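Structure with forodesine present.
Residue numbers begin at 1 in each chain, while the letters A, B, ... track the order of the sequences. Numbering of ligands and ligand atoms starts at 1, following listing order. Header says: X-ray crystallography, 1.9 Å.
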There are 6 protein chains.
Amino acid sequence: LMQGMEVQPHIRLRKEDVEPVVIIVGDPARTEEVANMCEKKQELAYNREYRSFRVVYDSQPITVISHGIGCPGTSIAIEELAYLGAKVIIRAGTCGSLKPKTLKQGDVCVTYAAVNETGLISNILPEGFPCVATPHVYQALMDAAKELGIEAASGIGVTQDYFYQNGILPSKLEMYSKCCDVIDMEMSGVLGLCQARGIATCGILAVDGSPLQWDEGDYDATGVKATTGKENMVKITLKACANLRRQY
Amino acid sequence: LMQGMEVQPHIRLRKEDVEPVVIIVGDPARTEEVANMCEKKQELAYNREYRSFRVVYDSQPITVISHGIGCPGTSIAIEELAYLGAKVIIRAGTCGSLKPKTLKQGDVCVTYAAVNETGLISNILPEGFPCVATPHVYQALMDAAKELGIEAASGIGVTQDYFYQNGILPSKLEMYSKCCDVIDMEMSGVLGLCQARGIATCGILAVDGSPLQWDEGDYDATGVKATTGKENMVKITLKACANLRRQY
Amino acid sequence: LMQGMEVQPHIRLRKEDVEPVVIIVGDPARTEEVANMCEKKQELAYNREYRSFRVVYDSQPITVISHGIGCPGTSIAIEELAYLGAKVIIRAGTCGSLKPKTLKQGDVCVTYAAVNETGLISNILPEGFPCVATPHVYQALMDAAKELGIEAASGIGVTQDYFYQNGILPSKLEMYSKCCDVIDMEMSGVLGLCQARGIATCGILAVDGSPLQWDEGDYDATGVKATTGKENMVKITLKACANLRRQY
Amino acid sequence: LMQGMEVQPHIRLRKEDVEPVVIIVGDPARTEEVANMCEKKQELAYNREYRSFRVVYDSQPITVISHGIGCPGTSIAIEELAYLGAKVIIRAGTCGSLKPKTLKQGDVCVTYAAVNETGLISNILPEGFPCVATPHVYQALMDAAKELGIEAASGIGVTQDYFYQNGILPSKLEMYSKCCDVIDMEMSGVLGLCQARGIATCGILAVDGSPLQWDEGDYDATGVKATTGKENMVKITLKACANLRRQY
Amino acid sequence: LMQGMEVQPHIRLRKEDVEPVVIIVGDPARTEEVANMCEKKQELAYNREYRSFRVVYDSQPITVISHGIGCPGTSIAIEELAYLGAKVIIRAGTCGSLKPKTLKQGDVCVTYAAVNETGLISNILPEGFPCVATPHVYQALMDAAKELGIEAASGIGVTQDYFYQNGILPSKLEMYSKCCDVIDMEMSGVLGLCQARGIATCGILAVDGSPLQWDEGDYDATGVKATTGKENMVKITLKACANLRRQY
Amino acid sequence: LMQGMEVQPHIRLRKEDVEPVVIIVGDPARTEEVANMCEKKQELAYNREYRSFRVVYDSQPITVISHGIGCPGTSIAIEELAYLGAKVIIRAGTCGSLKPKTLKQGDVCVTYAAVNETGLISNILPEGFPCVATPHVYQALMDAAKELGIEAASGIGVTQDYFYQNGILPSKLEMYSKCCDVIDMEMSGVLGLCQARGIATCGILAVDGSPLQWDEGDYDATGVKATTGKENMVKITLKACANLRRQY
Ligand SMILES: O=c1[nH]cnc2c([C@@H]3N[C@H](CO)[C@@H](O)[C@H]3O)c[nH]c12
Ligand SMILES: O=c1[nH]cnc2c([C@@H]3N[C@H](CO)[C@@H](O)[C@H]3O)c[nH]c12
Ligand SMILES: O=c1[nH]cnc2c([C@@H]3N[C@H](CO)[C@@H](O)[C@H]3O)c[nH]c12
Ligand SMILES: O=c1[nH]cnc2c([C@@H]3N[C@H](CO)[C@@H](O)[C@H]3O)c[nH]c12
Ligand SMILES: O=c1[nH]cnc2c([C@@H]3N[C@H](CO)[C@@H](O)[C@H]3O)c[nH]c12
Ligand SMILES: O=c1[nH]cnc2c([C@@H]3N[C@H](CO)[C@@H](O)[C@H]3O)c[nH]c12
């Protein structure tokens, strides 16, 4: 006879450590930044790239945890969170703009879908599966942005299993720019895997540059524009998550 | 020097015949059924499988046109409608249920996305492109349903380039049923192509059977359950479309 | 215990309405044009894009039915016709030329094979399956053309799930032109599915333009050249079909 | 400034050594067997797996050359033959039966098409390209068979890049048997490459066993049944080739 | 005019911080464990999942840095390390056994190649590219193992973009077990990307369980067997890396 | 009840004719060239493209057999050799250079891996399988070259199912040149299939030209440079094989 593990092996959490609403972010440092915007915080665990907190925002307890860069490491956090009872997962991340005329450093984009280029989604779901947000979760993010008076684009992203565009094979970014708005490394994986696991999901992203213009120096992840965009994104996410959390 | 054609060659419409909001249906016969629910109707053209009306619902003029069975015939209608000024396209169709316990003949499902198995989308858009609805169009359909007090599921469909499941190669329906709610032959093509052409889009579908249970006689497209489901779908679609039409 | 349907659900025919030899055409209007070239005609049904006649040519009864634009809608007609006892199916359609120097508006091409770009054939048959005509059916068409003194090219076509060549992704027509003669939207589906169902098959197509030269206005489906080509194609098809019909 | 080579590097022939009609066979030994059925024979070259003769049959000069097992070695022979002026290429080979009830050791099958599973065709031609015979070449083979009173099946083959079916991955033969009659290792490559190079082409194959029943000993390449089948195939091929040769 | 960044944006290192020989490990915690086995250690940076040290082993300075779980996060580390002058990269990681009879918890396997199932390698290199070790780097690891008297298997791994095998689509592990010895989430990406960037490379892996037997509790990443295996792996890696470092 | 064949059907050998170490070459003529460098030789069989010898070099008996051009014909020899007890198979072949600056006619390259473009490996092994040499076999070849004072490059090759680069579709050689060293038509098939069958394997190739420069006449397979390269390759292979043979 077999038994479950006391603590999930990678995120090192037990079921009492996980709320039905979870905010996931790529960078362990951002979990603390989120926590510092809340009334109460408690750091739970920090193993590998997975740092977790319970936070209280608008009297609602929410889980905040880092997933690391890329779909594979993210798949582990999502599977372990799902086993522990997560019901809503929102990725609050950073991204490049593929529309440098209208989405610029500091801007926020709520991604209701993402073009999949990841090996994760290509192997765990049938070909042609849409990596799409749950409508009421997208609506909670947009309604939060509206209430706060914070501008938020609504867009389709593209997700790749790499950052740098160094070529044996031709870059696809020019083509992608003709049908989507932003680019990152986890979104289609998050949306797709959450849909597959019956977890309600959406993404929101703050722009740090444009890879179409990296050659002209359009990148500044640490700068004031990016820092302010991320702050705005977190304000929207926390508002939306307290509203969702109430339903559980 | 070249000039545009006076009437588009397949749908046989001119720009003055096309409203910015369009309802598309598979069957020529359904265009008249829609039109009979309106204050005013005018049949415009009927060429090949493309029968078109201008209708007035809640004082708003809306185009209604049939697209025929399958993505290819549908692609022609959408391309020619787009050239003529269509800004919003909603497919109001029929479908099979892949969730026979909960979605049955007569039920309506608003499809915010669809798994693509079509050659159309596989060839005109990059691999991994999400065939997804425009959020505000989905919201208009759901809000119309709520207002009318008509139950409408929210789901992900799958779209195939065939109807019958006679096999040399194994049927994929059991697998699709694990991650999809409904099945049809145009939705991913509509959503995907409209996204590509910058047309706001969504789908709504009335269930006529369950292909997982066709072998036990779970199909009745002409029956009272399916007929009532389609009537409900049309009520929701017309209400949502009048609201959308007002913004133009 | 289950029973068959009295009338097939889409084409709305019973087995007594279907001959072992069937001519299929994309446009419902062409079924009547064919019928008007015969000694006797009887319209049978008209549902959705499927209009059907029994015709008598050279004392032989033949079925004539429209299949609509594209492989998906066509697959339904072919499956339902096959269930009702069809043994020979010939598509008499229209097409673009990929050899604008030697195949021009008004010319006829008997297609003994087609390059498949359809989602239908890609999903129902193994990769690499040849969408090819049955030799004795091709021979009947060619022998009819010879007897009538009507010039008919012999060629390989390409079949796509779309008409317009509007690009996120590069058009493939230039490449296709280096290995085939004509382009349409149903041929590989017809040939492939018929082969799969053990139905003897071939295609014949009348040229209405060249998509390589659409930008220079090389398209005229309603014009005298195209109209005459279609008339010639129908004369060949009817002669060949009466000969085949005799064998049953 | 560059010049052509005097003799082609693999087959080691000059243009005066090559007739416009060529019979290709897999085994060097079969070139002599063919030549022994003719009025006159002259061995030309033998390099690697490529052994060549000029033969005279019914007063017509024809090239006979071996291509070796598999599409890659065969591609070299065809390319070099084409450079030297070949206009018609017919493969007279051996094969397995996928229809063991009706096609048995000693039987002959004229293959007007073949399912492609070769890397050759997958890489040199677009996906979905039909590996198909030239109708008038198929007709010459069938007419020769009819004249000789030798039974010849007409069928579709499948071509693979291997012979043995030892598995890490599942064998596909049972599936192929639903839609194909025979199996070999060169046919789709011959038909496809000849089509691409504008060479008129067809295949004819003598059955030596059934791989579906190899486990029960259904294989005898050297036996009297197979030897007689190959003799019959050669009789048909030589007769058809003399007729074709006359047109040049 | 553009300039390079002073510190690379993700790993936060400058060229003077990077040695030509680099050991990469998945877990930030393992960088310290490696460093504790050396004569001298200096922690350099810790940003996101990227923690780095300079270590001195057998008088040779070597970089040690964590890459996080999965190819995408790893690609960033390798690209930025390569820009900074890395010439040799060895992944010292953990893995599952696909050969549970012979490779068990605590065992070490030097992987000279890996089956690629990653989106990274599928998109940055041509199809069929071998994710393979540089022979002299493999030899340095094996020679170090032989010198130390520590048993090390030599094998081929498989790399996937996920850890958990929860299925909508069938698990491929049983098939992989026929042709692979171990399974992890980064190896094919490391080997393949290093080959592409002209970095000499190999992998070594300590077994922590067998996913074929996870259902029977064959997993213990923190246990004494796995801990000893990792210690042995590190001993081999440090010895091989000092030898390699000397050549620069 | 079934029995094995006395003599394998294609190579026409019995188990007593096959040594555990086998040298395979594409050209039947090269088997004799190899044999003439040995103390003792015995020709065993010659059927189709498969000519075989037992040779004695440095008192060790080794099998030498031709496999013909291309993976398919080669797969037969390898399967039949494996059934007869072959344990080590080394391909000693010829190749084109993709690095015309540093690998030129007459140069030798030991290929420890090959990019797969063959239909053989694509169908018998999972996607992403590395076609890689067995490390100790590569080491035996390199150690032989070092001992003999013969320069030998160490490289990754690419293997295609064709020789000539004649285009419907764009040539891939320019891209391949950015990630590998040499090009041939059997290597990935040999390495991959041997790995699959548990046979230890490596490849060594002598350069006869550069296909990137065929247009400038960079090809001379019969010339003194190529002839000397092949002689050098054979000297290395025979030395390495006698060493390996001793272990059995
Ligand atoms: O321009 C970009 N391209 C790809 N990914 C990202 C990101 C996101 N942040 C991380 C990379 O810095 C990674 O998690 C990715 O999802 C920000 N900007 C870009
Ligand atoms: O059970 C089903 N499977 C696939 N398509 C459909 C449909 C839709 N209606 C048409 C086929 O009846 C076609 O347009 C398809 O999209 C209704 N039910 C089903
Ligand atoms: O130039 C062309 N490209 C693609 N299809 C067609 C057709 C055929 N006629 C219909 C489109 O008008 C459709 O059934 C297609 O098969 C005529 N011309 C062309
Ligand atoms: O049962 C079979 N399977 C696959 N190929 C062949 C052949 C043909 N003959 C050669 C293999 O014996 C090869 O050229 C292949 O095309 C005969 N029988 C069979
Ligand atoms: O059984 C396994 N399957 C897949 N990956 C891993 C690993 C490796 N360690 C991390 C997951 O624990 C990840 O980096 C992966 O590469 C250890 N064991 C296994
Ligand atoms: O430049 C080349 N391209 C492809 N193959 C080869 C060869 C090898 N020799 C044979 C072709 O001559 C074939 O077996 C192939 O593997 C030599 N040179 C080249």
* Asked: Which chain forms the chief contact surface with forodesine (ligand 6), and what is its name in the PDB entry?
  -> Purine nucleoside phosphorylase
* List the other chains with a heavy atom under 4.0 Å from forodesine (ligand 6). => D, F
* Asked: How is the binding site of forodesine (ligand 6) composed, by chain and residue number, at heavy atoms under 4.0 Å?
  -> D/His10, F/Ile69, F/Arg91, F/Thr94, F/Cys95, F/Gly96, F/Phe163, F/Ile183, F/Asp184, F/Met185, F/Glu186, F/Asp208, F/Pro211, F/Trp214
* Asked: What does the deposited model list as the covalent connection for forodesine (ligand 6): residue and atom, or none?
  -> none
* For atom 11 (C) of forodesine (ligand 6), grab the closest protein heavy atom and report residue, atom and distance to one decimal in Å. => D/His10 NE2, 3.5 Å
* Asked: Do forodesine (ligand 6) and F/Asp208 have nitrogen or oxygen atoms that lie under 3.5 Å from each other?
  -> yes
* Asked: What protein heavy atom sits nearest atom 5 (N) of forodesine (ligand 6), and how far away is it?
  -> F/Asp184 CA, 3.5 Å
* Number the atoms of forodesine (ligand 6) from 1 as they appear, then name those within less than 4.0 Å of a heavy atom of F/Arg91, with their elements. => 16 (O)
